[PDB]
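Overview of a structure with verinurad.
In this chain, residues are counted from 1 in sequence order. Note that ligands are numbered from 1 as they come in the structure, with each ligand's atoms numbered from 1 the same way. Because only heavy atoms are used, hydrogens play no part in the values below, and waters and symmetry mates are left out as well, while side chains stay in.
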Amino acid sequence: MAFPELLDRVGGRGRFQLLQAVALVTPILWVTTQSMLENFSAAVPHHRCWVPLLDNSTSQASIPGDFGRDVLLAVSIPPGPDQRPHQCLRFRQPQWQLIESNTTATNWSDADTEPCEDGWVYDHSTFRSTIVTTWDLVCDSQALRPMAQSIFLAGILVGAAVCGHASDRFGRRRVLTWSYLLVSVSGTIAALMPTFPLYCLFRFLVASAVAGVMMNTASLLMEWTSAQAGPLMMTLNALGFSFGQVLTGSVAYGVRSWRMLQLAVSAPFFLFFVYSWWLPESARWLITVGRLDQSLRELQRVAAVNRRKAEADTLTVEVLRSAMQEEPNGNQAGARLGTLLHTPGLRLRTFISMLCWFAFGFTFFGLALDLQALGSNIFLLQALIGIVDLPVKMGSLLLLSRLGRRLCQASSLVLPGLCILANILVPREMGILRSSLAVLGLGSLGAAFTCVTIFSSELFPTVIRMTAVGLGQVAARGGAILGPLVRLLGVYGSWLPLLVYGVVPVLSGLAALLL
Ligand SMILES: CC(C)(Sc1ccncc1-c1ccc(C#N)c2ccccc12)C(=O)O
């Protein structure tokens, strides 16, 4: 007797599945919050060079003449390109000549200015303090935020790999609960460190544990149900992320100091760890290893939950042993990576599939972590990304049946791509339309992820199917690391980052219909 018959006589759609779906989807919201917090915990508020005559009340008490604050600001700080005071320069000697309008204040050499040797002054209109304010990553080290985000994503990658191996060797629920605890502890410790490298290291560990819990949640959610309702489980696991975006919006609107926000986001994972003990472990994996009694215990439990004790009373050890004998082998795992490239018919089916996976990690994270520039109100913008995602996410599954197979993937990438290209041409005065085009861009990229998981399976044969979706996972992560690093090239122009981020999916999507 095979395992599906046992899962059939125990219950696949019973209430137990609903309870487990709720209890495992709820933490996905907070995982999304931890992943997206870098948009609010490290914002860049306005800044100007520290001034002796403006800031120090000692010199403020000795000022000859009661001039307006705008006058003093014009005297101390040269103007900038946006008619605002310059952000990294200061007049070395108070220039009183600038007051007279008879002299056109335009011939100022950089030799008359000096770098800010007395710190900076930030505005506290909407943010009380962020790490940009705390450690002054401005005007010389402004390239240290993409470094932090790249470190976070590298942490996700390494943690995913290590936790995958460990969960294959140890179990699902064990690695799940220990990853919960690791997220909680590492977040708590990261919310109090005094210097920057320690903050980076503990963000690394947080991301590793988050990758672990995400993968194990996916596996456990898919495994304990029948093959009929799998895609519904994947759909719920996808909706978790959008609801997490909305939660991030609300929570960030709540708290404005990066330490308290970080603690509030990292707290409830201990509560999740505290109740992760009552969930029954996966029985199929236990059958694979060979601990039959444990599997029978878990099966009797889950059957007793669904009010199906009578039929499960017949379960015995020998039928589980025969099921183990019917379990397939994974010895061939070594040569699957080779034959994916060796056979010509399978070479091209991969080189296109990865560019579908790589284009998502590169375009999404390169923008969704820079919501400061693509609009004005961050709290409302962060919320709309999650709200719009659901209509597109539900609509895309409808479009599958009507427009066909090949035309689904190609369509769900050109549309998010062309909106980013149109961002530069739209005049800077029309701020409303510039923001609305950004939301539809980042929002529609949610359904782009849902489709590639579905189309990954039907392309490759079932023998090597697990391997192909595996490599698609690495190219998606390995591309995310190169996401934020692109924003370094903004020094050449403010439009160039918006050019690279949108051309990649269009060149990916239009090339995906060739399958
Ligand atoms: C899962 C990752 C590593 S990305 C990621 C990293 C950290 N935390 C959440 C996500 C994430 C994954 C799939 C999503 C989808 N759809 C999604 C949607 C919104 C927000 C986050 C994600 C990937 O590249 O596969």
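- Of the chains in this structure, the chief binding partner of verinurad is, as the PDB entry puts it, Solute carrier family 22 member 12.
- Per the entry, the source species of chain A is Rattus norvegicus.
- Heavy atoms within 4.0 Å of verinurad belong to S35, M36, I156, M214, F241, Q245, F365, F449, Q473.
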